[PDB]
A.B. asks: 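For discussion: a PDB structure holding mizoribine.
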Amino acid sequence: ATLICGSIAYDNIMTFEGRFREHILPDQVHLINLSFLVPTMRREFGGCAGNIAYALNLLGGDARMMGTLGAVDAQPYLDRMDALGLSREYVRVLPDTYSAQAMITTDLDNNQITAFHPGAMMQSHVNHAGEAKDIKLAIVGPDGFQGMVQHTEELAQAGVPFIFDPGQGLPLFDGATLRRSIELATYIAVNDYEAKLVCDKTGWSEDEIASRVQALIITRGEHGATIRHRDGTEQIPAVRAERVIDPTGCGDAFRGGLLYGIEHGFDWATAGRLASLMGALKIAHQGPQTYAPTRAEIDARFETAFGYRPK
Amino acid sequence: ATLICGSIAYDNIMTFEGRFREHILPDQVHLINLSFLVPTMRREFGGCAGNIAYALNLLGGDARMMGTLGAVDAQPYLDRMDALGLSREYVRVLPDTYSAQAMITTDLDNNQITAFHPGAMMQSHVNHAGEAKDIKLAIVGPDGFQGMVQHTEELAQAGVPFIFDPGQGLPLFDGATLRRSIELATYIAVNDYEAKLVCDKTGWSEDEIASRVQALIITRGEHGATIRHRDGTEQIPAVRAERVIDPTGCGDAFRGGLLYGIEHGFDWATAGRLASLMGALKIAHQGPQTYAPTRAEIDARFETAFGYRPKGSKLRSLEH
Ligand SMILES: Nc1ncnc2c1ncn2[C@@H]1O[C@H](COP(=O)(O)OP(=O)(O)O)[C@@H](O)[C@H]1O
Ligand SMILES: Nc1ncnc2c1ncn2[C@@H]1O[C@H](COP(=O)(O)OP(=O)(O)O)[C@@H](O)[C@H]1O
Ligand SMILES: NC(=O)c1ncn([C@@H]2O[C@H](CO)[C@@H](O)[C@H]2O)c1O
Ligand SMILES: NC(=O)c1ncn([C@@H]2O[C@H](CO)[C@@H](O)[C@H]2O)c1O
Ligand code: NA
Ligand code: NA
């Protein structure tokens, strides 16, 4: 199975149908004022572990989410996991606690400015990755700080290959803790903005990071992604989206495709392309888990986009 | 009585403790990513009409809010208006509807990115400003677009002097409706970002806008403001804030002080300084309306900041 460690959250996403870049005026005192009209609030199922597991499950992989929810309002998510066939083995529900909630203000370029209400996520460390069983691959995504570090240490001690995915949790790390996490990790995945923040906080160049992992995966929105190794790089093209509606969750859809490819022994070019396709499927729908292709549809779309079938 | 036309809303304010300028990376495909901790969601009383009226009410003015609320969740705001002595005369409540809700992300530089769910605000044009009685002064601020345009037409035709504050409503305007609104307006009040957008959309220079109103007022955050009128330009200083907690609503607090000064025949220098003071008292507290200086405290702080007592002139004051 693949262990997916990270936040499990309800999202309130406000997507500007536009680009904040077109609205910044650095020569004025105020850089940006923008008010945009949105529809009625829809609470979405989200969280990085929710999102990555949803994607891996769409592909037919065996996704085991490890994260904490709050008993006050966990039930709709637990019912959804059961409906989707997502194991709740490592989903811990904490009495008298609220689930994490994200208020995400964003645009069509995935410039997410998020106000996060952590709730139960603050106690995510009560789950220990070292207590999970029969795990062949893992990811450690944004979560409570203690939990992220503890998951990294326990997976490394067991020798389980894992992607370190610090994402929104990057502020929680200092240089020394970030360096150690990258030394421990088998792979690191970040978007291009976060990759710059990781280089600044560690002091390492991208080449130096690539000397300390099997792969440094940097996603670049509409421009695709790069997969960097100590001895070469794969450029992964984007798939043209059917429509660009909401990029929130694109990286997590991408990580679920990547995880499936690594588990199934795809080469990096092919694992990266599957990941890219999942990101393009996601962006065509509002909310991180609204896209719902069947496995047959994903296979067809991969052939259409890339001119071959994986293996 | 001063008619305050604009949104009436509940605000959810998410304060980034920093400056967006320090986190923009234009060379990346993602310009900015932030994720910051916030406490439990708490709705604050907001909307431009609520904020401006609250400021005018703190000064002892007679503020008449004109706007729409939704019955499902209007009651806390109605009860608050009653507690404060704000007339509900022109506050219309729509059945089976939610009130406007703003989800506002701020930084410390007073940058705002707001997702706005209009709710009852979509029907703001059901109130007609030209029908309000014995109004001596008005402001038209951000609101449902049809309401904003309608209020401007009606106030101009009734001959009521009014400030035009397109504010966050600017995206809804085109050049033609924006130029028309400015032609009709007695004064325009904007922050500098908005002032740039007005010049861009109208095709007018600040000079050209200034020629079509009695005063063009441009606020510049902690740098203060300018008031351009017939005879000159007032450079209005900021008042040093006791602390900076939340800039949301600083321009509205400023507009309340400006409206009080215009009503009472303050000179522009003095009306501007009162407005500037209200902006500073507001930023020291979370929410657009939680600052609650007594009227004596306002006068004492004006004296400390500026060295004189803020007074007006009956001859220059407004009558209905
Ligand atoms: N506009 C887009 N068109 C097509 N695919 C996209 C687009 N935006 C993102 N994707 C796919 O999703 C991946 C992850 O998106 P990105 O925005 O980099 O991630 P994150 O969500 O972590 O910021 C991209 O590498 C790309 O494959
Ligand atoms: N940091 C500050 N310190 C002191 N006064 C401030 C500060 N920020 C704003 N103000 C006062 O509030 C007024 C309006 O703020 P501004 O940010 O221009 O408006 P808006 O809220 O409309 O964007 C300023 O002209 C100033 O008088
Ligand atoms: N941990 C954090 O600070 C954080 N901020 C946003 N998120 C989640 O990030 C996902 C988007 O990639 C959303 O579903 C959110 O719930 C987070 O986990
Ligand atoms: N009309 C709009 O698009 C809009 N956007 C924000 N606001 C209000 O603007 C006030 C701050 O000036 C807040 O209290 C918000 O309710 C608005 O009225
Ligand atoms: Na490593
Ligand atoms: Na005019």
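The chain called A is the first sequence line; B is the second; the pattern continues. Numbers in chain A come straight from the PDB entry, and the residues shown are 2-312, in order. The PDB entry numbering applies to chain B: residues 2-321, in that order. Excluded from the calculations below are hydrogen atoms, water molecules and symmetry mates; all remaining heavy atoms, backbone and side chain alike, are included. All ligand and atom numbering here is 1-based and tracks the order in the structure.
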A.B. asks: Which components of the model should be assigned to mizoribine?
C.D. replies: ligands 3 and 4
A.B. asks: Going by the PDB entry, what is the chain that binds mizoribine (ligand 4) with the most atom pairs under 4.5 Å called?
C.D. replies: Ribokinase, putative
A.B. asks: Help me out: which other chains have any heavy atom nearer than 4.0 Å to mizoribine (ligand 4)?
C.D. replies: A, B
A.B. asks: Need the mizoribine (ligand 4) atom indices (1-based, order shown) with element for anything under 4.0 Å from a heavy-atom of B:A10.
C.D. replies: 16 (O)
A.B. asks: Among all protein heavy atoms in this structure, tell me which lies nearest to atom 10 (C) of mizoribine (ligand 4), with the distance rounded to 0.1 Å.
C.D. replies: B:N52 ND2, 3.6 Å
A.B. asks: Using a 4.0 Å cut-off to any heavy atom of B:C49, which atoms of mizoribine (ligand 4) qualify?
C.D. replies: 8 (C), 9 (O), 10 (C), 12 (O), 18 (O)
A.B. asks: Looking only at N/O atoms, are A:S36 and mizoribine (ligand 4) under 3.5 Å apart anywhere?
C.D. replies: yes
A.B. asks: Of all the atoms in mizoribine (ligand 4), which lie at a distance below 4.0 Å from a heavy atom belonging to B:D253?
C.D. replies: 10 (C), 11 (C), 12 (O)
A.B. asks: Could an N or O of mizoribine (ligand 4) be found under 3.5 Å from any N or O of B:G48, whether backbone or side chain?
C.D. replies: yes
A.B. asks: Please write down residue, atom name and distance for the protein heavy atom closest to atom 16 (O) of mizoribine (ligand 4).
C.D. replies: B:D12 OD1, 2.7 Å
A.B. asks: Among all protein heavy atoms, pick the one closest to atom 9 (O) of mizoribine (ligand 4) and tell me residue, atom and distance.
C.D. replies: B:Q169 NE2, 3.2 Å
A.B. asks: Which residue owns the protein heavy atom closest to atom 7 (N) of mizoribine (ligand 4), what's the atom, and how far is it?
C.D. replies: B:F117 CE1, 3.6 Å
A.B. asks: Considering only protein heavy atoms, which is closest to atom 18 (O) of mizoribine (ligand 4), and at what distance to one decimal place?
C.D. replies: B:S8 OG, 2.6 Å
A.B. asks: For mizoribine (ligand 4), which atoms sit closer than 4.0 Å to a heavy atom of B:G47?
C.D. replies: 14 (O)
A.B. asks: Quick one: look up the protein heavy atom nearest atom 1 (N) of mizoribine (ligand 4) and list residue, atom name and how far away it is.
C.D. replies: B:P143 CB, 3.8 Å
A.B. asks: Give one line per pair: atom of mizoribine (ligand 4), protein atom, distance. Only N/O to N/O under 3.5 Å.
C.D. replies:
from, atom 1, to, atom 2, distance (Å)
mizoribine (ligand 4), 3 (O), A:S36, OG, 2.9
mizoribine (ligand 4), 5 (N), A:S36, OG, 2.9
mizoribine (ligand 4), 9 (O), B:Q169, NE2, 3.2
mizoribine (ligand 4), 12 (O), B:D253, OD2, 2.7
mizoribine (ligand 4), 14 (O), B:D12, OD1, 3.4
mizoribine (ligand 4), 14 (O), B:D12, OD2, 2.5
mizoribine (ligand 4), 14 (O), B:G48, N, 3.0
mizoribine (ligand 4), 14 (O), B:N52, ND2, 3.0
mizoribine (ligand 4), 16 (O), B:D12, OD1, 2.7
mizoribine (ligand 4), 16 (O), B:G48, N, 3.1
mizoribine (ligand 4), 18 (O), B:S8, OG, 2.6

